[PDB]
Asks: 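Next up is a structure, given as structure tokens.
Chain naming is simple here: A for the first sequence line, B for the second, and so on down. Chain A is numbered as in the PDB entry; shown residues: 921-1016, in order. We number chain B the same way the PDB entry does; the residues here are 30-64, 92-515, 523-566, 607-781, 834-1048, 1056-1145, 1155-1232, in that order. Chain C is numbered as in the PDB entry, which gives 1162-1232 for the residues shown. Whatever order the structure lists ligands and atoms in, that order sets their numbers, starting from 1. Values below: all heavy atoms of this structure, side chains included; hydrogens, waters and symmetry mates excluded. Heads up: this isn't the whole entry, just a piece of it, and contacts are only counted within that piece.
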Amino acid sequence: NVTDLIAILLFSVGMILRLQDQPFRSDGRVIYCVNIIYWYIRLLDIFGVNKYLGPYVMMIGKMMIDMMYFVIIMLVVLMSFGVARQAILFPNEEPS
Amino acid sequence: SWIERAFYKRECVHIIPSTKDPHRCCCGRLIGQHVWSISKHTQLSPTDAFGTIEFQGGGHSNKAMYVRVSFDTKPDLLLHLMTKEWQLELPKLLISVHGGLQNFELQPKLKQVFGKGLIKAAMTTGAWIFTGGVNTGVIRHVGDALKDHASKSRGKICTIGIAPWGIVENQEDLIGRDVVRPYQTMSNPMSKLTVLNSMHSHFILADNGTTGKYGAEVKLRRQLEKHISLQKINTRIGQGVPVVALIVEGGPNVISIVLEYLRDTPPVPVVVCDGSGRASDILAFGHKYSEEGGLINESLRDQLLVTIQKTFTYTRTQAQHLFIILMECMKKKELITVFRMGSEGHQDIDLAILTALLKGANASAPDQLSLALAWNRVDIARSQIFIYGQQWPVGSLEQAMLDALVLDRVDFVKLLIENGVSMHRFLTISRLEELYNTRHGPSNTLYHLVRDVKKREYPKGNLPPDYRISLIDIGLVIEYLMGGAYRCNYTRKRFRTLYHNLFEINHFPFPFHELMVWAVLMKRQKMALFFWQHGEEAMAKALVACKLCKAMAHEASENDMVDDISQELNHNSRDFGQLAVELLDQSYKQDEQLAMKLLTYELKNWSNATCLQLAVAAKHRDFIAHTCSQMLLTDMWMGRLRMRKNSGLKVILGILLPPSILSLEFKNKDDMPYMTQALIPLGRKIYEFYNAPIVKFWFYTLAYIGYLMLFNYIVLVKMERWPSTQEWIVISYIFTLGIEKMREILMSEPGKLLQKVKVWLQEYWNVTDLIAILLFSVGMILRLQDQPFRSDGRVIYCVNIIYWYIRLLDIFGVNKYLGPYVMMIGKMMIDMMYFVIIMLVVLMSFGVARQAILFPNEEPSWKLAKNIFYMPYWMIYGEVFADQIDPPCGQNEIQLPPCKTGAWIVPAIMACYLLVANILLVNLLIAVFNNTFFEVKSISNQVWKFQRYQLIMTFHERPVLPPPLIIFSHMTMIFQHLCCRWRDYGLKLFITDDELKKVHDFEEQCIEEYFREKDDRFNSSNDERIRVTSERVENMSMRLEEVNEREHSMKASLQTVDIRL
Amino acid sequence: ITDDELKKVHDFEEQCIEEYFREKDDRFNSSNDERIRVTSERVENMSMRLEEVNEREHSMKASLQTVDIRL
Ligand SMILES: CC(C)CCC[C@@H](C)[C@H]1CC[C@H]2[C@@H]3CC=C4C[C@@H](OC(=O)CCC(=O)O)CC[C@]4(C)[C@H]3CC[C@]12C
Ligand SMILES: CC(C)CCC[C@@H](C)[C@H]1CC[C@H]2[C@@H]3CC=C4C[C@@H](OC(=O)CCC(=O)O)CC[C@]4(C)[C@H]3CC[C@]12C
Ligand SMILES: CC(C)CCC[C@@H](C)[C@H]1CC[C@H]2[C@@H]3CC=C4C[C@@H](OC(=O)CCC(=O)O)CC[C@]4(C)[C@H]3CC[C@]12C
Ligand SMILES: CC(C)CCC[C@@H](C)[C@H]1CC[C@H]2[C@@H]3CC=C4C[C@@H](OC(=O)CCC(=O)O)CC[C@]4(C)[C@H]3CC[C@]12C
Ligand SMILES: CC(C)CCC[C@@H](C)[C@H]1CC[C@H]2[C@@H]3CC=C4C[C@@H](OC(=O)CCC(=O)O)CC[C@]4(C)[C@H]3CC[C@]12C
Ligand SMILES: CC(C)CCC[C@@H](C)[C@H]1CC[C@H]2[C@@H]3CC=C4C[C@@H](OC(=O)CCC(=O)O)CC[C@]4(C)[C@H]3CC[C@]12C
Ligand SMILES: CC(C)CCC[C@@H](C)[C@H]1CC[C@H]2[C@@H]3CC=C4C[C@@H](OC(=O)CCC(=O)O)CC[C@]4(C)[C@H]3CC[C@]12C
Ligand SMILES: CC(C)CCC[C@@H](C)[C@H]1CC[C@H]2[C@@H]3CC=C4C[C@@H](OC(=O)CCC(=O)O)CC[C@]4(C)[C@H]3CC[C@]12C
Ligand SMILES: CC(C)CCC[C@@H](C)[C@H]1CC[C@H]2[C@@H]3CC=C4C[C@@H](OC(=O)CCC(=O)O)CC[C@]4(C)[C@H]3CC[C@]12C
Ligand SMILES: CC(C)CCC[C@@H](C)[C@H]1CC[C@H]2[C@@H]3CC=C4C[C@@H](OC(=O)CCC(=O)O)CC[C@]4(C)[C@H]3CC[C@]12C
Ligand SMILES: CCC1(c2ccccc2)C(=O)NCNC1=O
């Protein structure tokens, strides 16, 4: 319900931006697409009523914590390789 | 409101005679407390004190109904009150407990034994206990016994106490009309009035008008006991309910009560107890020292006189009068049963009570047997009624057998069968019809089944209430519940001819079969398990009972009945299935070949079926997955071939190179002839080889794998205007296979076409087959036209090639490892579908967001919906489309197109989508597949082992020739059908009579082994041994303590003897 | 619900409470551990009081021997 109200405030911001002229209309459109992402996940919660889909959804929510720890370890290894590759292959770079 | 309008009461309206105390009237109440006709002048009125009593305090809370009644009321009305308003059934036994009104204490062992006896006697026979009501003396001991009863037994012992209304404390507390009135169990010691006993069940509190005086209830209680004893018991053999009179202690009046009981028509037995004292002890001292009843000599006469004058403290003439009343009692010495603590006094209250009832009835042994049947006491019947030398009337034992059967008494049927009654000489058609029309015992759903089959047979409706269910209707019920082509013996023409001509020819050859079916139909599980043990064809009976219980459970669930009935019927079905499995285990352990002969022989008493067919028709997965049934199915699979070494290759060599058949080792002519309906050696070998199920399956498989290549050739190479030779072969294969599938629709098990189609559509691989033959017909019709329809027919041909490769997967289903693998895949499709649903939500969210950001100015077109699903779906399988993740734009490298607004969001939500999909959901489906692998694997193995039978029966019923040449065999069947018109699906054995007797004797040996082994395993378990040791140690400690008391007494006697000498 | 239905519900609840408690007492009394403990305590009490029975049997045998010697 609080994610619902956050995505209604976001829709209000997107509508207020869209009802003006350019370049704010495209910004309102960009907000509309993030809203469509949220409403598909709200459809996942609506699937939560079914006797098999519901436990599946909270099972996914339980494995998010293990996913986060995997993300942390992958983040350390990923920036180590990325910084090493970018720092070797591009020696003369300006701050950007 | 009936209770007030039917019962009356009396209140003290007198002249207030003072006598001794001026406040105390003739009724004893206070002189200002007012508001028989002799000196009390009482008036009659409707009652105002009746309802329910909530006993507050005294430990356990117990609710007791109560009425205040007049002492002169007719006992029939009160009997109607107990039977109707209090909802109490007529008891099988009446107990009248009498004793001293003064409080007394007994020995602890005597009190414990008397309490346990009175509780068990009221519990097993379902008796009524009649006490004095108030919580004094013997009724207080009965109340302590009932307190112990509510501490270790789930009985609601009906213990109606009758007390004077004027003597119970707090008379104003019990005033109401159907009103729950609380009561106090506390008793003031200063008040002469006593409270009621706390844990009685009902109260017949009787008012004569007076208060604080007794005598208002004795005549009413005696008349009510007489009126109950005049009522006939439910056995209807010609006897009323038995009445016993238990006496503990007592005073002067209980001797007169014993005289009234003994000198009565009919006489009432009296059971007394020893060790309490007073009148019971003088009765015991008279009874031991009696000689020939009233023949009592002078010395014990004077001893009885001095003990009466001492213990009761009376004069000489009062003791002489009491001794005269004692001798008048003792003239009827046979009725009085004396219980003695310890010694040889039956060591129990209840053996004394029930033996006293049996010889107080003094009737024939049928009457005693019907009394024991009503009391549900098999043990007393065995130890008294069936003693040695007992004379039995002719035909009475079979009547008792019928009465025991209709009342659902397992142990009485066991006792009667062990005592000479035989089922073959007893069970007739009329007796079985009476058993099928009984109304006693537990409830059943047979009447619903009879109503349904009567509605289906004659579309009437509800049956009349006075409907006698014939055996033909029972046969229709069995035919409906069994299903398929089952035909009960009742509905055959021989039985209908015997029924019309009669309503040892009427006796059943296998009476335990009919008793098993009747016990299963009316849901009497213990009697069904007893009837399973006795008789032949045990495994067939178990499988038939399993299918019948499952079908009755399904019908009870379908008719919206009580769900507990359906659960109990499913439990009965599972118990019978477990019995059949254990019998198969025992038969496999003893002899393998005789177990095969047991499994395959035709059951003439069960519609010519087979034990394997009965197990398959009951979906018994554990029966067919057993090793004996599996290797039996393997023997059915090879046909008339020994072989059994390097399978597959030898029959493929036989099919491809037919001279290899002659070198194959064939089976004997009568080794195991599984048949359906009951140069020359070279032709016999060829016919025996080509009709084997494994040979037919490999011929059909090698034709399938030569059809699939031809289909591949015609779809890969181009086609001209007319089809080539290989396409004509493929078209011929499809048409002959379609004709074969219609022939499987026609030659099915049911009789009406819609049922044939409905049975055929359970095999999903056949309806998918027919769908892909209709699709081929559509594709051929489109292809035989000109362009552009020819390419459409080609496009349909490729979807057909996809289906036929999956049909090859089902053909791999025959192999012992590939088959369970295929159904394992089919089980994981559901988890795959749920993963598809979650992936679909995440996939369209990313696709819609990406397409809506990167393409702002778009017209309505169906390419948007394609672009939603196109690239995010291939993003899962290692193709991220790296050139389109974030192309450079808004710069000059040639002028690039300008940057779309918010186009930087697309790689970020791409990152979140790829992470969630590829890492979360795929690994979660890995975990789902992994943690449900073991159960699915075991279930798939067992289901494949079950479906081996369906595969074997299908490929044995198939034509010999493969589908591209099956039109010759189809014309052969058409010509044979036309010849038979112009002029039994299974594989049985059809053994002879001596082989049948050998098989039956093997089955009885297996049944005895299985049951007894189970008894030996139960008796040798740790739990049963520990329980037996604990019970023996308890009995040993308490009787051993009695040995110690006797050892102390013997040491005292030896010390006195040594002191004397 | 009404008052008669309330009384029926309350009586059903008391029946369920008695069933649950007593069933628990029956399950406790029929367990292997409680049976083994009761058997061991009864056997101990029986051995020690039985040893007292033996001492009294020796005394009674001595008294019977003395009485036989006297007569
Ligand atoms: C288009 C792109 C950006 C993909 C979107 C990815 C995420 C924004 C989504 C994908 C799956 C979603 C998850 C799917 C399942 C659940 C469980 C559900 O939570 C519960 O049911 C509460 C109980 C529990 O957490 O166990 C809702 C949140 C959560 C973590 C969701 C949070 C948002 C997630 C990570
Ligand atoms: C360890 C794992 C589980 C998480 C770490 C990965 C993300 C934090 C990275 C991977 C891809 C990255 C994105 C790749 C490309 C872009 C586009 C970039 O925008 C531009 O460069 C502007 C347009 C242009 O110049 O072409 C802004 C950052 C962003 C969204 C990046 C944000 C950070 C992301 C999502
Ligand atoms: C940029 C590229 C070159 C990637 C770098 C790869 C390796 C140099 C890193 C990646 C993960 C590292 C490992 C992550 C975790 C551990 C456990 C940790 O060891 C302990 O905590 C000691 C106890 C134990 O070994 O169980 C430190 C070493 C080790 C093996 C690390 C050794 C170095 C590894 C293999
Ligand atoms: C332990 C781990 C998580 C540390 C990872 C740190 C880096 C990812 C961060 C920290 C410092 C950052 C730098 C801090 C300062 C700058 C200067 C900045 O220059 C400008 O914005 C241009 C200045 C101007 O012209 O106004 C460009 C990004 C950069 C290189 C940042 C790039 C990203 C860096 C290396
Ligand atoms: C029993 C099972 C395991 C195998 C039985 C199937 C094969 C013996 C069949 C199925 C596909 C057939 C092929 C399908 C198509 C052709 C093309 C055909 O060539 C032509 O029609 C044009 C040239 C010519 O006329 O010879 C020659 C036969 C051949 C190779 C066939 C040879 C026999 C094959 C391999
Ligand atoms: C029963 C089916 C399902 C499997 C049995 C396989 C064989 C009996 C079939 C399969 C492919 C057939 C072949 C497919 C094509 C040809 C080409 C055909 O060539 C011609 O007729 C040449 C002259 C012309 O083009 O008319 C001769 C028969 C032959 C060898 C066929 C012979 C019979 C074969 C080997
Ligand atoms: C060329 C492309 C289109 C690939 C084709 C994909 C599907 C059309 C196929 C691939 C695997 C097939 C499955 C493989 C295994 C089985 C088990 C089998 O079912 C049984 O044996 C019944 C018992 C059970 O379902 O457990 C046949 C259906 C099914 C689900 C199949 C259904 C059709 C599937 C999904
Ligand atoms: C969540 C997962 C498990 C299932 C969702 C994926 C499918 C439903 C999608 C992914 C790829 C899609 C296909 C991608 C491309 C096409 C071609 C398209 O045909 C054309 O565009 C015509 C030819 C042309 O214009 O080039 C028709 C839809 C179809 C089959 C799409 C149908 C829907 C598909 C199978
Ligand atoms: C909860 C989830 C499953 C919802 C997903 C819905 C979308 C995938 C569907 C629903 C509405 C559909 C739209 C409904 C109407 C049109 C107009 C249609 O326009 C035409 O056919 C052209 C009209 C003409 O010229 O005749 C093109 C497809 C499109 C955009 C559809 C594209 C697919 C949409 C967005
Ligand atoms: C619910 C799960 C278990 C199954 C997945 C079902 C849907 C996700 C599939 C099935 C039917 C599919 C549709 C079948 C046909 C089309 C037409 C297709 O149209 C074109 O490609 C037009 C040609 C072009 O302009 O490129 C676009 C995809 C779409 C809507 C498909 C979108 C995805 C759908 C809805
Ligand atoms: C079409 C496949 C097949 C077949 C072949 C081998 C094994 C199982 C099934 C057949 O060729 N004719 C009978 N029924 C069939 O579906």
Asks: Would you let me know which chain has the most contact with ligand 11, using the name from the PDB entry?
Replies: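 The chief partner is trpm3.
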Asks: Report the name of the drug modeled at ligand 11.
Replies: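 The PDB calls it primidone.
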Asks: Which other chains have one or more heavy atoms under 4.0 Å from any atom of primidone (ligand 11)?
Replies: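 Heavy-atom contacts under 4.0 Å involve B.
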Asks: Find all residues with any heavy atom less than 4.0 Å from an atom of primidone (ligand 11).
Replies: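 The heavy-atom cut-off picks out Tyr855(B), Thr856(B), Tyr859(B), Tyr888(B), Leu892(B), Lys896(B), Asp924(B), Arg962(B), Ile966(B), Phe1117(B), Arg1120(B), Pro1125(B).
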